[PDB]
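So the structure is just underneath, and the comments pick up after that.
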Amino acid sequence: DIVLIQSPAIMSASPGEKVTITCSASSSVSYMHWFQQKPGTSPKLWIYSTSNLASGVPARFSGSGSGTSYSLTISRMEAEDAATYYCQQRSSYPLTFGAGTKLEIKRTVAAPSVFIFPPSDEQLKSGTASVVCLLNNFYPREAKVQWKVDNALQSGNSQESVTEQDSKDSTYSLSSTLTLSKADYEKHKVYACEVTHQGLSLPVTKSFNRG
Amino acid sequence: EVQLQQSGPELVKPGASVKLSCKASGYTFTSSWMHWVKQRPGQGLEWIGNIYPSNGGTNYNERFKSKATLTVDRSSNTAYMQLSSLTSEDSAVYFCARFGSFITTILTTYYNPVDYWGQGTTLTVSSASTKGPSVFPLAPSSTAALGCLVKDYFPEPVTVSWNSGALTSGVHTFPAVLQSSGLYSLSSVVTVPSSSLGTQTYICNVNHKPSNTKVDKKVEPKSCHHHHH
Amino acid sequence: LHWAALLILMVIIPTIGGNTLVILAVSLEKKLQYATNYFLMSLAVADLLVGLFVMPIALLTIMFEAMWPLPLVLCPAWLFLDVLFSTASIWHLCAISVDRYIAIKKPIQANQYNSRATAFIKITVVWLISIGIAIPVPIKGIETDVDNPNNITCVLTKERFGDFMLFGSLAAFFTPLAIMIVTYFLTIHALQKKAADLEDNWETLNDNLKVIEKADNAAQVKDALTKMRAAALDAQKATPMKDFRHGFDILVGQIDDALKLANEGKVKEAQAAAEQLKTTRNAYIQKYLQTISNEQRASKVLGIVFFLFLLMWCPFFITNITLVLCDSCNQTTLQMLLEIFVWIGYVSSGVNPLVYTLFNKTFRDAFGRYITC
Ligand SMILES: CN1C[C@H](C(=O)N[C@]2(C)O[C@@]3(O)[C@@H]4CCCN4C(=O)[C@H](Cc4ccccc4)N3C2=O)C=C2c3cccc4[nH]cc(c34)C[C@H]21
């Protein structure tokens, strides 16, 4: 069929610096459409026809293309237009889409705000425990988390979960959860969460004493 | 005003039939074709087919030809899609959407953009029965941060809101992580000032469709106790 | 399954051939270049172009379902010619029916030098009416979901051409049809009485020819002979063949001669010419019957050519307008049988050259001459 190959699959660009997404086709196509999908929302078309913008689209976008290879260029990089970009074919059937191109904003390093939540008494009534450590609004994505129970490193019990890049602050968030049994939860006293990040001069630790 | 309301998320055993609906509103329904798109995260978007409401004419993709069957109903003004012989690879998110039409004269061809996509439908295929989510509060003690922990719910799609959608700033609903038990569990948080900690209430509204269970829970701060001297 | 295209193609050949023989007959035969044929030649042009441009391309859509082999730009062009040449064919047939009527009740303006101009402005109005009804299609093209013509069906949608199929079908079919229905019942009536005005006047001509053969005075012979002059001169008016009307001139001339003897008082000399009138009658008795024989015959053929008209275009234009109004009716069951009624409207373009030429001797002698080269 008429597959659409768009490189790169993912790209990161700073504000002001400029981007050019390419969407190359398998055959010679009449026109090319473009879509933007922000995680959590359905895709909305951004450029109908090869070079005409959709309704409500900023003028900084600029699409240009020939027959085989098409492209999508922007004018001024801003945080509001960080998303995945698909291109589709409407010339002939079957309608083919591109794999996608995720855009990551490159923002000044931000320090995470660490929070720790103890397990509710309702969960312990069922025999399980879940200690949560929250890292909110930080950049870049990578952040090293560690669990120290009585100054003893834990391994295998944690499950980190990073969310998508926020559209407003351009910052991520990480959710690390320490799952333990009530049997082993009563055997220890303090539970700590030591996190280190290039946005931190010294690794910060946020702990709590059971009860 | 153009709104395409779609069916809800569903868990269906493999080999059974699925019936997804797509309600239309805001226009005559019969003016444009009704396309269908399947989105499997990581692989991109794939075109299923389209249908024309007036005549009922349907076109399918070469792959989704034997699997999916597209129908419409002018009385109820909805567009259906039946997936038969459900395999494990057919677990994805499905969209219904109208696309613009090219108007072709002897002079030239015009195209008008009327592309409007509808809400997605998360379909999951597995033999395991659904389990309701166990929502647990995440209280502060010592700006503060709140949250709620949804644990042990099998079909993935679940929604969380704070104060019936009144709260939206500083809210981050993390993606679900797959537990060792085979059950998902996500968690959403919200950052609020310490002055609104005792003067205002905060309730998370968990809603899980397949389990057909909805539970709201109030997050209250943990009260400290004066340790004796 | 492709065999049906066999018979469908055996409908295209006569349409091309038949209408091409009419064009070759009027443009090459010096004895056929009179006014009313220049207008019939135009009907063959429309019927030819619809069998040469519309009908062949319409054959591909039946074979290539949901496909359009030609460029997508030519889809609105082919649809423009489907309505154009069809509306022209219908209005030409309508303009013929009305002329067939006026040409009977009043053969006025039968000059060849001045009846050819009216045909030239009669032909141009039909082509301007047919255009005006078929012109909006190419203006507002058809909307399609795809750009490539190999994945589209060239057809007018109910939504984009809703009010056109309604207001366009009336100006093309139901408007000229309304005229063709009344002009029919007024034509069958125009020759119902003229066929009766000939007999009653012909019997008035006998009764007076009976009485003057049995007379005693000179007043009865000139009363009955004057009643003959009027009756004979009115029966001449009730004929459409100048030699039969020439027969009345001869007769009336003999009426005046005998009516001149009656005023001189010579009764038995007037009856000498009255017996000569009885001879003049016996010579045209045969042609009097062939006149009424051709009257009852012309009355029925006008019913067949008219019946075949409503027999072929009604099933389409009725089904067409029904698909625009009725929403309870099964939309797929109508346009399934509408495909059939489209080709019934097409085959009319092939019968028209036949039911308007084969009933004439000079056409047959000329057709076989170019078939023969
Ligand atoms: C013979 N010719 C046929 C031609 C035509 O139907 N061509 C298409 C492409 O073929 C169809 O029949 C197909 C096949 C079955 C389903 N189809 C339809 O539904 C629609 C008609 C329709 C449109 C919208 C709503 C209801 C019906 N078709 C089309 O448009 C149009 C003509 C016409 C239209 C209007 C005035 C006219 N005067 C003379 C004429 C004429 C000559 C006359």
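Note on naming: letters A, B, ... go to the chains in the order of the sequence lines (proteins, then strands), and numbering restarts at 1 for each one. For the numbers below, each heavy atom of this structure counts, side chains included, while hydrogens, waters and symmetry mates do not. For this deposited structure, the header notes the method as X-ray crystallography, 3.0 Å. Just so you know, ligand 1 is whichever comes first in the structure, and atom 1 is the first atom listed for that ligand.
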>> Could you check ligand 1 and tell me the drug name?
In response: ergotamine
>> Hey, which chain has the most contacts with ergotamine (ligand 1) here? Just the name UniProt gives it.
In response: 5-hydroxytryptamine receptor 2B
> Using a heavy-atom cut-off of 4.0 Å (strictly under), which other chains touch ergotamine (ligand 1)?
Replying inline: C
>> I'm curious whether ergotamine (ligand 1) gets near the natural ligand site - which UniProt ergotamine-binding residues in chain C have a heavy atom within 4.0 Å of it?
In response: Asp82(C), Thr87(C), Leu156(C)
>> Quick one: UniProt TM segments of chain C, counted from the N terminus, with any heavy atom closer than 4.0 Å to ergotamine (ligand 1)?
In response: 3, 5, 6, 7
> Which residues and nucleotides from other chains come within 4.0 Å of ergotamine (ligand 1), counting heavy atoms only?
Replying inline: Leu79(C), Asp82(C), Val83(C), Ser86(C), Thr87(C), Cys154(C), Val155(C), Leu156(C), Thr157(C), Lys158(C), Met165(C), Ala172(C), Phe316(C), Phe317(C), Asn320(C), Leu323(C), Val324(C), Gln335(C), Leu338(C), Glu339(C), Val342(C), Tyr346(C)
